Number of protein chains: 2
Amino acid sequence: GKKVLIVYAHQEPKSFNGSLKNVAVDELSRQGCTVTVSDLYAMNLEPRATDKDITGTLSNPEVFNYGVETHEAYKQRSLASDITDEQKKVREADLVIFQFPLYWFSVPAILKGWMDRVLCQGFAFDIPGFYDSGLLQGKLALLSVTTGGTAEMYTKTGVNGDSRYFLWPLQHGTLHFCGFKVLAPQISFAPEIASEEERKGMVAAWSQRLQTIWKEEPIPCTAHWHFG
Amino acid sequence: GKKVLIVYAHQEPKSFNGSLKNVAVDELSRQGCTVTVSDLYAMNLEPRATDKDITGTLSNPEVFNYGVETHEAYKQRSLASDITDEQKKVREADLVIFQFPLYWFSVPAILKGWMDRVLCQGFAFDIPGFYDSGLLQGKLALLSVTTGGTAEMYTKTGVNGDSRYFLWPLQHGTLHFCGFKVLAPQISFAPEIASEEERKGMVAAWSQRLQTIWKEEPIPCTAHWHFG
Ligand SMILES: Cc1cc2nc3c(=O)[nH]c(=O)nc-3n(C[C@H](O)[C@H](O)[C@H](O)COP(=O)(O)OP(=O)(O)OC[C@H]3O[C@@H](n4cnc5c(N)ncnc54)[C@H](O)[C@@H]3O)c2cc1C
Ligand SMILES: Cc1cc2nc3c(=O)[nH]c(=O)nc-3n(C[C@H](O)[C@H](O)[C@H](O)COP(=O)(O)OP(=O)(O)OC[C@H]3O[C@@H](n4cnc5c(N)ncnc54)[C@H](O)[C@@H]3O)c2cc1C
Ligand SMILES: CC1(COc2ccc3c(c2)ncn3-c2ccc3cccc(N4CCC(N)CC4)c3n2)COC1
Ligand SMILES: CC1(COc2ccc3c(c2)ncn3-c2ccc3cccc(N4CCC(N)CC4)c3n2)COC1
Ligand SMILES: [Zn+2]
Ligand SMILES: [Zn+2]
């Protein structure tokens, strides 16, 4: 069998993002996959990296060190329940799909917070123990991104540069760092200015792609892919 | 006269980041600059983009569109006061310094949320009115970033690749997009493994740089600079 986690970051269920998430649930479920959705806004996910992320502290340390404390907390199974619930979903997933609108050439802050807090030292990677040696090796990940800008704007000659450029910290610095193999991104450009028919086509294209997702080869998640 | 805003994202006042922020306040204050610090964790800054960002009644209360609602709220002077307070500090600043530890090759989520929520359409940019025509034109911005990884790890052939690569979404996609001129980044590598005196040297180097900050030329914030 195959298990899929969709990490979804949009406020509005009727949005284009919400439609992309729903068609992924519907297609993957039809195939007989196990599917789970983390709807970050609906969960009111905490994005801040704070001492609340470590449970069971009787007396605060004089000096708070988020990196040291969360690494230790992971090993002691004393992370906050929201984090460990997400970690269980990741641990079990064969494929993690991130569904989000592009915000400032990156993920919305609530999703950045999921990355910062969930993908902790000892769980997702170790030092050393990263990139191909990351702890989530054997899993796949995919970014499904929507944009304001058109595909042409996101070319090397366009004002926003190649779309691949902004993908580097996400695909490579985050997903590959943790040991994921990365499937090619699904970028749905400029739905807001698209016709109704074009919008429906972008949704259908995603659904169609998912029919054969388990047959895809990952990208070579290298500097050449992103910048060459 | 000159006005400086430091947008600071670290949980711990005794941290290396805290020392870099404090030396910036000390040196810029000595020069006679007006200095303000936004201590995001101390302020418990909201990172999530939600309908709480608009005060009062929404334009469309049935289907929530963050971009539309915040642009209209900006125009109607109906944004939440945390956002408007930040916008006043930015509007008045000649230089905005971001002081943060690198988190997943980007800003911590709390700082990402500052960018997402404060730099709204109508305030920071318009369409048209972006890149060099952005609404924060005539201002400078600087990233002062600390890392886990060493300088060697941040070369083209190093394990994490060139540091410039992941600066793109921040420098270009955010700061240049809003009209800032970008000063060369201050990257303080691997303080945690440095000796005490090496750390003191990195703090002194930052203070020294600030002495002559107003004499610096911006970088050419191009794809070529980041990836060539
Ligand atoms: C803080 C912030 C930062 C941003 N930064 C960037 C950036 O760096 N770069 C960039 O390019 N953009 C940026 N944007 C723009 C943002 O990426 C886009 O607005 C977003 O991707 C649009 O997706 P959506 O789901 O919100 O669209 P929606 O407005 O929800 O969708 C568009 C239309 O599709 C309709 N729709 C929904 N489902 C379907 C369906 N099944 N079939 C047909 N139509 C359907 C909706 O009803 C709607 O009319 C930013 C936006 C914000 C708020
Ligand atoms: C979620 C997360 C994601 C991360 N992602 C990345 C990543 O993508 N890439 C990467 O390279 N790193 C990453 N890191 C590592 C992170 O960037 C570093 O741990 C951080 O930059 C270290 O800065 P600090 O201020 O926390 O250090 P500290 O631990 O505060 O500094 C070291 C020491 O300096 C001391 N000190 C303070 N002031 C002074 C002074 N004036 N003189 C001398 N010593 C002083 C302190 O007391 C402390 O003992 C990540 C960390 C986390 C938690
Ligand atoms: C020119 C066209 C539109 O291209 C675009 C739009 C947004 C683009 C873009 C290219 N590159 C970047 N951003 C950004 C960047 C930051 C934003 C911070 C807040 C809000 C934004 N949005 C909200 C939605 C609104 N419709 C546009 C501004 C933002 N957008 C119309 O077809 C392409
Ligand atoms: C090998 C050396 C250390 O290099 C490094 C460290 C972290 C590096 C790195 C190079 N590239 C990336 N990251 C990351 C990435 C994500 C992280 C998500 C959560 C926590 C992290 N930190 C917390 C602090 C801890 N000391 C290290 C892991 C993270 N770090 C020791 O001198 C260089
Ligand atoms: Zn990679
Ligand atoms: Zn630029």
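Each chain is given a letter, A onward, matching its sequence line's place in the list. Using the PDB entry numbers, chain A covers 2-229, in order. Chain B is numbered as in the PDB entry, which gives 2-229 for the residues shown. So this one's X-ray crystallography, 1.4 Å, going by the header. In listed order, ligands and their atoms are each counted from 1.
Located at ligand 4, the drug is listed as crenolanib. In the deposited model, most contacts to crenolanib (ligand 4) involve the chain that the PDB entry calls Ribosyldihydronicotinamide dehydrogenase [quinone].
Other chains, heavy atom under 4.0 Å from crenolanib (ligand 4): A, B. Within the set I128(A), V160(B), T175(A), the minimum heavy-atom distance to atom 8 (C) of crenolanib (ligand 4) is found for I128(A). With a heavy-atom cut-off of 4.0 Å, crenolanib (ligand 4) reaches these UniProt FAD-binding residues of chain B: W105(B), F106(B), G149(B), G150(B). Taking every non-hydrogen atom of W105(B) and a distance limit under 4.0 Å, the qualifying atoms of crenolanib (ligand 4) come out as 15 (C), 16 (C), 18 (C). At a heavy-atom cutoff of 4.0 Å, crenolanib (ligand 4) is contacted by no atom of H72(A), backbone or side chain. Counting heavy atoms only, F126(A) comes closest to atom 21 (C) of crenolanib (ligand 4) of the residues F126(A), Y155(B), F124(A). According to the deposit, the organism of chain B is Homo sapiens. At under 3.5 Å, a nitrogen or oxygen of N161(B), whether backbone or side chain, sits near a nitrogen or oxygen of crenolanib (ligand 4). Counting heavy atoms within 4.0 Å, the binding site of crenolanib (ligand 4) comprises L120(A), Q122(A), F126(A), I128(A), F178(A), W105(B), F106(B), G149(B), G150(B), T151(B), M154(B), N161(B), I194(B).
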